[PDB]
Amino acid sequence: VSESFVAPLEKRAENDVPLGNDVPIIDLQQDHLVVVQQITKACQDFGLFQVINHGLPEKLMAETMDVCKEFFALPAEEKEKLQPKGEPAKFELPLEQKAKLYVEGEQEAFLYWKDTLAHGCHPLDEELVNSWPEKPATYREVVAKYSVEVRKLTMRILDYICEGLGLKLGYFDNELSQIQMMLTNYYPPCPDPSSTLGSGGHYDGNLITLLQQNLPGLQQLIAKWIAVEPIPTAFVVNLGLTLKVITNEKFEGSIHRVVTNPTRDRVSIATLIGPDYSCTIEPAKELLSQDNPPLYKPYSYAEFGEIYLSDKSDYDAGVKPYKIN
Ligand SMILES: CN1[C@@H]2C[C@@H](OC(=O)[C@H](CO)c3ccccc3)C[C@H]1[C@@H]1O[C@@H]12
Ligand SMILES: [Fe+2]
Ligand SMILES: [Sr+2]
Ligand SMILES: [Sr+2]
């Protein structure tokens, strides 16, 4: 492969990462309190779990994966229409909600073996959807329905989390969940998987992420890496760095990466929900005491975002400047 994609030695993936047998798989059609308790335990101990019987239509999950795969099968001439000034966009602020193709990497500078389609999804209006891909013809109809359903499920999970923490229901149903970025990630086959990464190890910087996958490649850091079993009808829930801060580290964030495959391509669909760039992030005051003093000072989400997107020297580089006590 091109030297551009060669990861530094220490960041390269080992060839035989074991299945995470202890990744919680949570049935949302259990009794209400059982769901609250199992979600709370997974958030406290792991920061990554799967949800099944989650109420989002399996047909809609299949139709969305279909139209996302159809998008990445489009010819160059169509994909150029989402490359500002002839090039993929960068994950840097301002992060606009109009649809673009994105390149990603670390600055021993290297690129991730990944093409990403990203756009905002909330609130859904004519202007936003008109900024989405024109092809395939059904993308806008399908992804509009998908985005509304994934948000519905994410807000249910956040309210289970509220009940587990002892926060009032709807605590996150405000500026803290105003941004909904849908990242469709395309990992083409890689001739040298031993040297490349689909994505380096990271927390998602936002509040919470729901991830739809049907093929292997997602791994979690627990410093042992484990493989997250693809369940095509499930969502992987990744707790974000923002939720780690707001819970005053009562909850773990998900540190995850994606490895490349030499033979087959992979598409994943990540719905990243989190604060507006104008938000102030701090540990929830309702949970603080002399026994539980704040571990972070209040900070600008915009200021955090700039560091999070640029500085990859450590997983929590984004929040290091705001650590106290
Ligand atoms: C692999 N990268 C990581 C970093 C990057 O994430 C983002 O762009 C999110 C989008 O809301 C973001 C969160 C907080 C602040 C700013 C930006 C793109 C992908 C994704 O998995 C994360
Ligand atoms: Fe991620
Ligand atoms: Sr180009
Ligand atoms: Sr347009």
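Going by the PDB entry, the residues shown for chain A are 13-119, 123-237, 240-342, listed in order. Below, all heavy atoms of this structure are taken into account, side chains as well, without hydrogens, waters or symmetry copies. Every number for a ligand or one of its atoms is a count from 1 in the order of the listing.
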Main binding partner of ligand 1 (name per the PDB entry): Hyoscyamine 6-beta-hydroxylase
PDB drug name, ligand 1: scopolamine
Neighbouring ligands and ions of scopolamine (ligand 1), cut-off 4.0 Å: ligand 2 (FE (II) ION)
Residue and atom name of the nearest protein heavy atom (relative to atom 16 (C) of scopolamine (ligand 1)), distance in Å to one decimal: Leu326 CD1, 3.9 Å
Heavy-atom nearest neighbour in the protein, as seen from atom 8 (O) of scopolamine (ligand 1), with distance rounded to 0.1 Å: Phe103 CD2, 3.3 Å
Nearest-neighbour protein heavy atom for atom 10 (C) of scopolamine (ligand 1), which is reported as residue plus atom name and distance: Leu289 CD2, 3.7 Å
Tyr318 to scopolamine (ligand 1), any heavy atom closer than 4.0 Å: yes
Protein residue, atom and distance nearest to atom 13 (C) of scopolamine (ligand 1), heavy-atom basis: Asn221 N, 3.7 Å
Geometric N/O contact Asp219 with scopolamine (ligand 1), under 3.5 angstrom: yes
Deposit source organism, chain A: Atropa belladonna
Min N/O separation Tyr218 to scopolamine (ligand 1) under 3.5 Å: no
Location of contacts on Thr259 toward scopolamine (ligand 1), heavy atoms closer than 4.0 Å: neither
Protein heavy-atom partner closest to atom 12 (C) of scopolamine (ligand 1) - residue, atom, separation in Å: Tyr325 CE2, 4.1 Å
Polar atom proximity, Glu116 to scopolamine (ligand 1) (N or O, under 3.5 Å): yes
Heavy-atom shell of 4.0 Å around scopolamine (ligand 1): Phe103, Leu107, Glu116, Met196, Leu198, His217, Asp219, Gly220, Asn221, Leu289, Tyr318, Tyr325, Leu326
